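Below is Mesothelin, cleaved form with anetumab bound.
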Amino acid sequence: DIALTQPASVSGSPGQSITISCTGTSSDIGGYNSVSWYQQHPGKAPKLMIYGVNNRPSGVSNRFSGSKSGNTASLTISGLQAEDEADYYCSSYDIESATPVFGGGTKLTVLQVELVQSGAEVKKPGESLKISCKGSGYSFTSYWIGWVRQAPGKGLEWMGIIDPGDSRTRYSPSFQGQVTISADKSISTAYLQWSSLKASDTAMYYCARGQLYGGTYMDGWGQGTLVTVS
Amino acid sequence: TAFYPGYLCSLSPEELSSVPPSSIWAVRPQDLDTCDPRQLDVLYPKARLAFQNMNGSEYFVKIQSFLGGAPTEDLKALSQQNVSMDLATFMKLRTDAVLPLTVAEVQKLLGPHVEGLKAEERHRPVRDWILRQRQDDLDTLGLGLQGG
Amino acid sequence: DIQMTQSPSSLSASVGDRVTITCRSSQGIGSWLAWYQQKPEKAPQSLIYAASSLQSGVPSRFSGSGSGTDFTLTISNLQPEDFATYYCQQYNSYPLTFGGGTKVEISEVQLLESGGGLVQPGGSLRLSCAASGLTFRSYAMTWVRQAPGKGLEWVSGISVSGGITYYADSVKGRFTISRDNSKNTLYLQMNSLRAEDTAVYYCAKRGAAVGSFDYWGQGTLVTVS
């Protein structure tokens, strides 16, 4: 779900510093270390740049840094490069609904771990669908699986989360009773499922692995499954 | 404010110090979903004191969700009390806490769940542990574990 | 000896049905329990180890639950290939013991037993088992037998190294288990054979030194009299 506010756009020349702000409440951003940042380039899955306010996963330059003050987190990019041109999303954990939330996204203009999802799907309204996502190179039960959708030209939304250990499952308020998320521990596979598709279900669907702490710390991402309904 | 399940792990390690060990019995596994390693380090010792009058199967069921913050000594002590820890719990243990365990101690910890250790031989905690063990000691488990 | 009791003993169902089989132990066995499927005129196959862990290849519609003395095998959405006899087994302590079985009515590894046949009472016979498609050297092995109309009885086991052997009381001093790793072969030397030693003798690999039987051979028939 989208419950955090970011500016639509931010601009800077190469070498300059820019700051993207992310505003929530005491029951998301306000919570201990409860902000992470995702970079999305055109046609690619989201990439974890920062978790826990200012932690960088290995293979992310020191040019990316984050801070938090009350209900406002901020991502600073120093020494801007052309490569930094992308959409940036903050995420937190909404303690009220007990699910991850995303910001609306900011467009920046410059002047072992493998998840494999099913191939693309072409369906008619009213048909069944089950998308799959197979994890490998890590203990499947040690990490939460998340499902994210982005409708074409729109932002990221968390649909739900599942603990593959005990199949304990929580959906975002807006996706409660619209969709079914499940896991088969024995074949390291997570599932997303519709009884009856509508035209509005047309979107890219991503599975991700990680922890719910650090504002939702999802460092592993599938390539995505395109679902077209007409 | 405090009526929500994510409340406990919304508090910093510093704030979590004041939580009274007499509360820990009411803390459900759901409440620890959003707790980082630095927070489990503070909650585990409070779980240790709150449940220390209990033994064996009854103790393990209560401490299970807190073992993320357990040091080596406490895992060694746990292996002696023929507790049968499942592989999913073992895979969530911190690497530093598992590495110094012996082949004998890991086999006593997992009991019949040791049979599933071959499938995890490449994955985070077990891989690190296997790389520090003599191949001749691994051979006795009868799993065909490799890389000692 | 720990006693394992299964209910029901017999059961008739249809494709789609849920089937519930109970297993009760005379003592606490923690989670040291396995479930096995045996189809008509075929060798048993591993379903469950450690009470609830699915064996690789086994459909999700099989699930085991319980611990201590109370265990359950639930078969969701019963399929025609599920027509079989289901055995539980404790491996908490020797002798390893099976339940009497539940009749339900509606491989990368190869183990080949040989040397079965007719023997005179007080006579001798050596069973062989050729293992392939695995590192034979690195696994513990056992012999299990099935009297013609009856259930499964554990006979003997050998450690990875071959240093430690275990026997059922009914065969101690008469039967000897050994291994030749260079021939990938498990042996059972059987002396002073009695009418009650008549059975299909199965070769089985252990999933671990202390684990379930994860692979079985097709078996070899021994008759005495």
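Chain labels are A, B, C, ... in exactly the order the sequence lines appear. Residue numbering for chain A follows the PDB entry, covering 1-111, 128-246 in order. Numbers in chain B come straight from the PDB entry, and the residues shown are 442-589, in order. Here chain C follows the PDB entry, giving residues 1-106, 123-241 in order. This entry, so its header tells us, was determined using X-ray crystallography, 2.6 Å.
The structure holds anetumab at chain A. Lab note - other chains with heavy atoms under 4.5 Å from anetumab: B, C. In this structure, the epitope of anetumab on chain B at a heavy-atom cut-off of 4.5 Å is B:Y445, B:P446, B:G447, B:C450, B:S451, B:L452, B:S453, B:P454, B:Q471, B:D474, B:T475, B:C476, B:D477, B:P478, B:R479, B:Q480, B:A529, B:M532, B:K533, B:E561, B:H564. Between anetumab and chain B, heavy atoms closer than 4.5 Å place the paratope at A:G31, A:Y32, A:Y93, A:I95, A:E96, A:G153, A:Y154, A:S155, A:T157, A:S158, A:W160, A:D179, A:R184, A:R186, A:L228, A:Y229. The PDB entry identifies chain C by the name scFv of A12 anti-mesothelin antibody.
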